[PDB]
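Scroll down for the structure; my scribbles are underneath it.
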Amino acid sequence: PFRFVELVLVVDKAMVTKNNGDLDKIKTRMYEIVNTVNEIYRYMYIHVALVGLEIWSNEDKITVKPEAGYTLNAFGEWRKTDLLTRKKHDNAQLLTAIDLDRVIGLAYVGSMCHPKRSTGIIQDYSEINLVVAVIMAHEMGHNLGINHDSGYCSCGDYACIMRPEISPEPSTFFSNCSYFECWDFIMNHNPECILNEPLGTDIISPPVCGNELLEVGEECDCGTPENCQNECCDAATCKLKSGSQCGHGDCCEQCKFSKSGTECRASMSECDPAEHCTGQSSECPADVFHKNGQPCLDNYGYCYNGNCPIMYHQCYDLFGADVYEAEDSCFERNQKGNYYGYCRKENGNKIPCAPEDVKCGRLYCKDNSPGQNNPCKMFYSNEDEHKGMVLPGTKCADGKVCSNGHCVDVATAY
Ligand SMILES: *[C@@H]1O[C@H](CO)[C@@H](O[C@@H]2O[C@H](CO)[C@@H](O[C@@H]3O[C@H](CO)[C@@H](O[C@@H]4O[C@H](CO)[C@@H](O)[C@H](O)[C@H]4NC(C)=O)[C@H](O[C@H]4O[C@H](CO)[C@@H](O)[C@H](O)[C@@H]4O)[C@@H]3O)[C@H](O)[C@H]2NC(C)=O)[C@H](O)[C@H]1NC(C)=O
Ligand SMILES: CNC(=O)[C@H](Cc1c[nH]c2ccccc12)NC(=O)[C@@H](CC(=O)NO)CC(C)C
Ligand SMILES: [Ca+2]
Ligand SMILES: [Ca+2]
Ligand SMILES: [Ca+2]
Ligand SMILES: [Zn+2]
């Protein structure tokens with residue numbers, strides 16, 4: 001029912017200096033602001049939990065400029081190439097003491113989970129936590145596909161989060177328009193990364209019994225006594241009550257452990273073993289995938305992150321029925337290094353495929369659907385040039401798979 005946003009916050013040098021190096025103080029503000037953001041989103045069926053906090057107390061890792069567009073793009077690039085590679089999380093917001101030009105916050109729209117664009121920047125505009133929490137909820141809202149309110153959009157007799165300007169007496173309410181646009185985005189784009197529920201040990205803020213997030217030291221958390229609908233839990237204490245072996249988890253049914261063997265996470269493919277309940281625990285074991293490189297689909301592919309990517313299926317997903325892998329000759333076009341025919345990008349440049357890597361650039365399919373005859377059909381859209389490119393891990397020859405635009409021996413690929 002609820003979606004979860006595992007948030008990482010970054011605090012710039014200017015803000016550290018502004019708080020005269022008091023990291024405990026900065027950390028406390030962050031915990032406070034996120035706690036309020038989580039409360040704001042309850043109405044949206046979304047939980048927000050702080051899973052990481054990076055404080056640039058020495059030097060900023062990007063150049064933080066007043067031009068918000070430059071700063072957000074630089075922060076997004078840094079998150080994609082640095083942070084995200086060493087820290088799993090769904091969204092990151094940069095807090096800065098710099099006075100950004102024209103705005104007090106900025107964020108990409110409908111980008112939740114995107115490696116670069118699931119970001120936003122927030123100006124430490126006020127010492128009042130509720131105020132910065134509103135800015136944060138607003139920027140994250142954009143990330144969740146929400147645009148500014150207007151017209152008949154209403155959130156009652158209060159100043160709504162998504163108004164284009166911040167109110168001097170800000171409320172914690174989202175308008176009805178925000179609610180529908182956010183869920184329209186989730187349902188039509190289904191950002192997969194916000195589906196999992198973070199483990200208590202993943203959350204770094206001090207535990208709060210009643211924030212609807214299961215944390216270290218709690219048996220259960222179902223919000224305030226008023227809101228709690230978990231018959232397995234005593235809201236005020238976050239302790240189990242009545243005939244309850246458990247009050248949370250995919251392996252907890254009616255407050256009791258699901259019997260051993262009960263499937264709790266379905267298999268995506270032969271490369272993804274299903275996980276089952278132990279019968280003595282309330283949680284589903286962590287998701288296990290078989291080793292990458294393992295032969296799959298009767299030797300037409302090799303495993304890659306729980307799936308078995310093969311050209312046939314990619315042609316099907318892109319073009320529908322009656323479309324198959326094209327003849328080898330079609331892939332030679334990947335040596336052109338033109339707008340669609342290349343193997344990868346370097347510093348934004350499109351790099352032609354070396355002859356041995358042609359099967360790992362743009363994918364070409366033979367189209368024999370009704371009334372069609374296109375032996376070398378490919379998919380190219382400048383909305384996202386990567387769509388249509390051969391998927392990483394795809395079998396490109398007997399004993400070979402694609403890895404970074406290169407067709408390499410599968411035995412040494414992983
Ligand atoms: C969020 O929640 C809020 C609740 O607070 C919702 O607000 C409501 O939005 C409705 C539109 O989605 C509004 O309805 C419109 O109201 C106007 C004004 O009353 C109507 O215009 C008048 O229509 C009558 C006859 O129906 C005419 O005699 C008048 O001449 C019209 N007045 C003028 C100057 O235009 C609207 O009707 C017109 O447009 C429709 C097409 O949409 C058409 O079919 C009609 O023939 C007519 O031309 C329309 O009914 C509500 O007024 C508004 N409520 C409040 C309290 O403001 C909001 O929709 C929610 N949004 C979301 C995203 O959920
Ligand atoms: C004190 N500063 C403000 O309130 C200005 C006001 C404003 C209204 N229309 C504009 C068009 C361009 C630049 C600024 C404005 N707004 C902002 O900083 C908002 C920018 C925004 O929408 N970020 O996603 C974020 C804020 C609401 C939290
Ligand atoms: Ca997540
Ligand atoms: Ca809790
Ligand atoms: Ca699994
Ligand atoms: Zn905005």
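Numbers here are sequence positions counted from 1. Just the heavy atoms: all of them, side chains too, but no hydrogens, waters or symmetry mates, feed the values below. Order of appearance sets the numbers: ligands from 1, and atoms from 1 within every ligand. Per the header: X-ray crystallography, 2.2 Å.
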AF-219, GM6001, R-levocetirizine - which at ligand 2
GM6001
Give the name from UniProt for the chain that makes the most contacts with GM6001.
Zinc metalloproteinase-disintegrin-like VAP2B
Within 4.0 Å (heavy atoms only), which residues surround GM6001?
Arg102, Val103, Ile104, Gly105, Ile135, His138, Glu139, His142, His148, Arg163, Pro164, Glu165, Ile166
What protein heavy atom is closest to atom 20 (C) of GM6001, reported as residue, atom name and distance in Å?
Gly105 O, 3.6 Å
Among all protein heavy atoms in this structure, tell me which lies nearest to atom 14 (C) of GM6001, with the distance rounded to 0.1 Å.
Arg102 O, 3.2 Å
Source organism of chain A (PDB entry)
Crotalus atrox
For atom 25 (C) of GM6001, the protein heavy atom that lies nearest, with its residue and separation
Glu139 OE2, 3.8 Å
Less than 4.0 Å from GM6001: which other ligands or ions?
ligand 6 (zinc ion)
Minimum heavy-atom distance, GM6001 to UniProt active-site residues of chain A:
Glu139, 3 Å
Taking distance alone, with no angle check, do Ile135 and GM6001 share an N/O pair under 3.5 Å?
no
If we only count N/O pairs under 3.5 Å, is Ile104 in contact with GM6001?
yes
Which UniProt Zn(2+)-binding positions in chain A have any non-hydrogen atom closer than 4.0 Å to GM6001?
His138, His142, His148
Is there a polar contact, in the sense of an N or O pair closer than 3.5 Å, between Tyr125 and GM6001?
no
Any protein N or O within less than 3.5 Å of an N or O in GM6001? List each pair with its distance, or say none.
{"unit_1": "GM6001", "atom_1": "4 (O)", "unit_2": "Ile166", "atom_2": "N", "d": "3.1"}
{"unit_1": "GM6001", "atom_1": "16 (N)", "unit_2": "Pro164", "atom_2": "O", "d": "3.1"}
{"unit_1": "GM6001", "atom_1": "18 (O)", "unit_2": "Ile104", "atom_2": "N", "d": "2.8"}
{"unit_1": "GM6001", "atom_1": "22 (O)", "unit_2": "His138", "atom_2": "NE2", "d": "3.2"}
{"unit_1": "GM6001", "atom_1": "22 (O)", "unit_2": "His148", "atom_2": "NE2", "d": "2.7"}
{"unit_1": "GM6001", "atom_1": "23 (N)", "unit_2": "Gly105", "atom_2": "O", "d": "3.1"}
{"unit_1": "GM6001", "atom_1": "23 (N)", "unit_2": "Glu139", "atom_2": "OE1", "d": "3.4"}
{"unit_1": "GM6001", "atom_1": "23 (N)", "unit_2": "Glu139", "atom_2": "OE2", "d": "3.2"}
{"unit_1": "GM6001", "atom_1": "24 (O)", "unit_2": "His138", "atom_2": "NE2", "d": "3.3"}
{"unit_1": "GM6001", "atom_1": "24 (O)", "unit_2": "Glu139", "atom_2": "OE1", "d": "2.8"}
{"unit_1": "GM6001", "atom_1": "24 (O)", "unit_2": "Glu139", "atom_2": "OE2", "d": "3.4"}
{"unit_1": "GM6001", "atom_1": "24 (O)", "unit_2": "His142", "atom_2": "NE2", "d": "2.9"}

